[PDB]
Amino acid sequence: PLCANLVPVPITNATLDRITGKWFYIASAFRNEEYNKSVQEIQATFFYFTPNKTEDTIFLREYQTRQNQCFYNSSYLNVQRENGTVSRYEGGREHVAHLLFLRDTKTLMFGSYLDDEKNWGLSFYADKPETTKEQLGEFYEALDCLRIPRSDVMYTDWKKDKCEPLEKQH
Ligand SMILES: CN(C)CCC=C1c2ccccc2CCc2ccccc21
């Protein structure tokens, strides 16, 4: 069953435990042009999830590299458990994404606009800044499911990261 993992899955405390920690933004692709535009500029990103299960929020410490600068932000994501989504209002708009999983327990994906063939996309994250060819195939196989060509994928370059020195300064 190839595209079974693109179906929404409710978020439990176990799910929240699973995503607790440091993750690295690996790659994404979208049919939505706004997200293509903003995500293009991303050279690298790592981040921390610290869920508050009682509040259905996730504390986010984000370390983004664009134009060879480090942009650091903290904020809370809201969790909508039945729907398997997480959200965050930012720069005017509410953003929502489905939390989706691959077979590799060391990776995760966020799904944007999943209900819309004109706008859908997937972003891929791993617990290392570099991914194995196995992890990357599971991600491509999820793109294949959304009929998004592999050549549309935007990648981070862990060579380009400027945030390590701030995260340690923290
Ligand atoms: C282009 N982006 C927005 C694609 C979705 C990715 C995420 C995400 C994932 C991991 C760490 C931080 C963020 C921040 C942004 C945000 C806001 C709401 C829901 C999901 C998301």
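We're numbering straight along the sequence, starting at 1. In listed order, ligands and their atoms are each counted from 1. The deposited model was determined using X-ray crystallography, 2.2 Å.
Here, the chain sharing the greatest number of close atom pairs with ligand 1 is referred to in the PDB entry as Alpha-1-acid glycoprotein 2.
Of the candidates succinylcholine, amitriptyline, apomorphine, what sits at ligand 1 is amitriptyline. In the entry, the organism recorded for chain A is Homo sapiens. Close approach of amitriptyline (ligand 1) to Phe110 is summarised as follows: ligand atoms under 4.0 Å from at least one heavy atom of the residue are 9 (C), 10 (C). Using a 4.0 Å cut-off between heavy atoms, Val39 contacts amitriptyline (ligand 1) through its side chain alone, with no backbone atom that close.
Contacts between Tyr25 and amitriptyline (ligand 1) below 4.0 angstrom, taking non-hydrogen atoms only, are absent altogether. Within amitriptyline (ligand 1), counting atoms from 1 as listed, the ones closer than 4.0 Å to a heavy atom of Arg88 are 14 (C), 15 (C), 17 (C), 18 (C).
Contact analysis puts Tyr125 in contact with amitriptyline (ligand 1), with a non-hydrogen atom separation below 4.0 angstrom. The residues of other chains having a heavy atom under 4.0 Å from amitriptyline (ligand 1) are listed as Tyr35, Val39, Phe47, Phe49, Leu60, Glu62, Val86, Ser87, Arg88, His95, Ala97, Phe110, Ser112, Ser123, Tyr125.
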